[PDB]
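Opening remarks: the structure here includes risedronate.
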Amino acid sequence: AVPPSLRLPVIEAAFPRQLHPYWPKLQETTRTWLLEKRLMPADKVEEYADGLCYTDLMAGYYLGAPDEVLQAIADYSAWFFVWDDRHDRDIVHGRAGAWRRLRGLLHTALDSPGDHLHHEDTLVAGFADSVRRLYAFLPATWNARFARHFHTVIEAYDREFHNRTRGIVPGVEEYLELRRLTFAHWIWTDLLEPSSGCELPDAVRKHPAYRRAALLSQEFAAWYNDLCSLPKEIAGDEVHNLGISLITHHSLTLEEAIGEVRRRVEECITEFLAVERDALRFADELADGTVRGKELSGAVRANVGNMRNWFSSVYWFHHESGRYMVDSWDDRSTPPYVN
Ligand SMILES: O=P(O)(O)C(O)(Cc1cccnc1)P(=O)(O)O
Ligand SMILES: [Mg+2]
Ligand SMILES: [Mg+2]
Ligand SMILES: [Mg+2]
């Protein structure tokens with residue numbers, strides 16, 4: 001039972017969940033990875049890790065991925081989450097020096113992950129080992145594009161640190177541009193390609209049907225999270241949320257922004273359904289008769305399928321994960337799973 005303020009019938013009706021066959025071992029390896037990289041303490045991994053559903057989220061998205069591709073994707077996704085918790089914990093304690101060093105370590109490790117596998121900062125070491133495994137699957141042009149995209153993601157996070165510190169809530173349009181980057185839309189879009197085993201040429205992945213579907217996929221995920229994390233994020237003094245920009249810059253009620261947020265999420269789905277047909281026609285055009293044509297068609301059709309998979313994974317993730325159950329915490333401002 002999804003609460004009705006969050007219930008999306010088109011999702012439940014026409015985007016049935018899928019699950020990767022590797023998920024059971026995926027869940028365990030990542031929990032152990034979290035334990036051995038010391039990205040969380042012992043008792044909170046044992047208590048909270050499984051119930052945070054970070055492996056479920058990715059096992060429901062990257063269908064068809066090689067087990068070791070999925071495993072690296074899921075460690076980095078579990079890493080992405082704790083980096084968000086460390087980023088929010090630096091803000092809450094004005095650790096602007098620590099954030100800045102880490103932010104420069106992260107910028108550096110992203111280009112030379114091997115050189116950081118054993119860095120003193122555990123969070124930098126974990127990231128270096130997931131990114132290093134991420135870099136082994138495809139040519140260094142993919143690896144470079146991944147770095148270019150993550151370099152901008154870090155910078156977006158630095159813009160957030162200075163937004164929450166100086167009290168600035170972004171404007172709605174400033175937020176929609178920033179939210180593509182803090183959510184890391186293009187990271188997740190990049191990782192569609194090791195999951196289907198193929199770097200796409202610029203001409204394929206930048207076709208307007210591919211690009212618009214890839215975009216609407218992430219806009220839904222980012223904006224459904226805003227709808228669903230809004231209570232947690234208000235209680236944690238967070239200001240980066242479409243709901244929050246609409247309240248402070250368009251003088252909307254709490255209940256009015258939530259409907260405008262819900263309404264914008266809903267149109268993401270119906271717009272995706274349209275361009276999905278364009279993107280799938282494009283996949284079939286790519287099968288011109290040649291070998292590389294057949295492969296490029298299959299890779300586009302798998303990635304587009306996983307663009308569709310993202311909706312249901314994200315949707316059910318936000319009702320199953322303990323990360324958003326602010327109502328079950330003794331302290332509504334400090335999630336019990338962060339340090
Ligand atoms: O779980 P959260 O904190 O609501 C979030 O989605 C965490 C997150 C960060 C980056 C990518 N995906 C999720 P955020 O971006 O802070 O809104
Ligand atoms: Mg967050
Ligand atoms: Mg965040
Ligand atoms: Mg959020």
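Counting from 1, the numbers follow the sequence of the chain as shown. We count ligands from 1, going down the list as the structure has it; atoms in each ligand are counted the same way. Just the heavy atoms: all of them, side chains too, but no hydrogens, waters or symmetry mates, feed the values below.
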Risedronate: ligands or chains: ligand 1
Chief macromolecule bound to risedronate (the PDB entry): epi-isozizaene synthase
Binding site of risedronate, heavy atoms under 4.0 Å: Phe80, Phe81, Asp84, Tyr157, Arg179, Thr182, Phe183, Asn225, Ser229, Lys232, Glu233, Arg323, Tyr324
Sub-4.0 Å atoms of risedronate with respect to non-hydrogen atoms of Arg323: 1 (O), 2 (P), 3 (O), 7 (C)
Close N or O approach (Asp84, risedronate; < 3.5 Å): yes
Shortest protein heavy-atom distance from atom 11 (C) of risedronate, along with the residue and atom involved: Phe183 O, 3.5 Å
N/O separation below 3.5 Å, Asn225 to risedronate: yes
Source species of chain A (PDB): Streptomyces coelicolor
Taking atom 4 (O) of risedronate as the reference point, the nearest protein heavy atom with its distance: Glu233 OE2, 2.8 Å
Atom 10 (C) of risedronate [closest protein heavy-atom partner, distance rounded to 0.1 Å]: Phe80 CE2, 3.3 Å
Neighbouring ligands and ions of risedronate, cut-off 4.0 Å: ligand 2 (magnesium ion), ligand 3 (magnesium ion), ligand 4 (magnesium ion)
Those atoms of risedronate less than 4.0 Å from some heavy atom in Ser229: 4 (O)
Distance-only N or O hit between risedronate and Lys232, under 3.5 Å: yes
Heteroatom distance test (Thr182, risedronate): nitrogen or oxygen, under 3.5 angstrom: no
Protein residue, atom and distance nearest to atom 9 (C) of risedronate, heavy-atom basis: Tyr157 OH, 3.5 Å
For atom 8 (C) of risedronate, the protein heavy atom that lies nearest, with its residue and separation: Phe81 CE2, 4.3 Å
Shortest protein heavy-atom distance from atom 14 (P) of risedronate, along with the residue and atom involved: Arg179 NH1, 3.5 Å
Check: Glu238 N/O within less than 3.5 Å of risedronate N/O: no
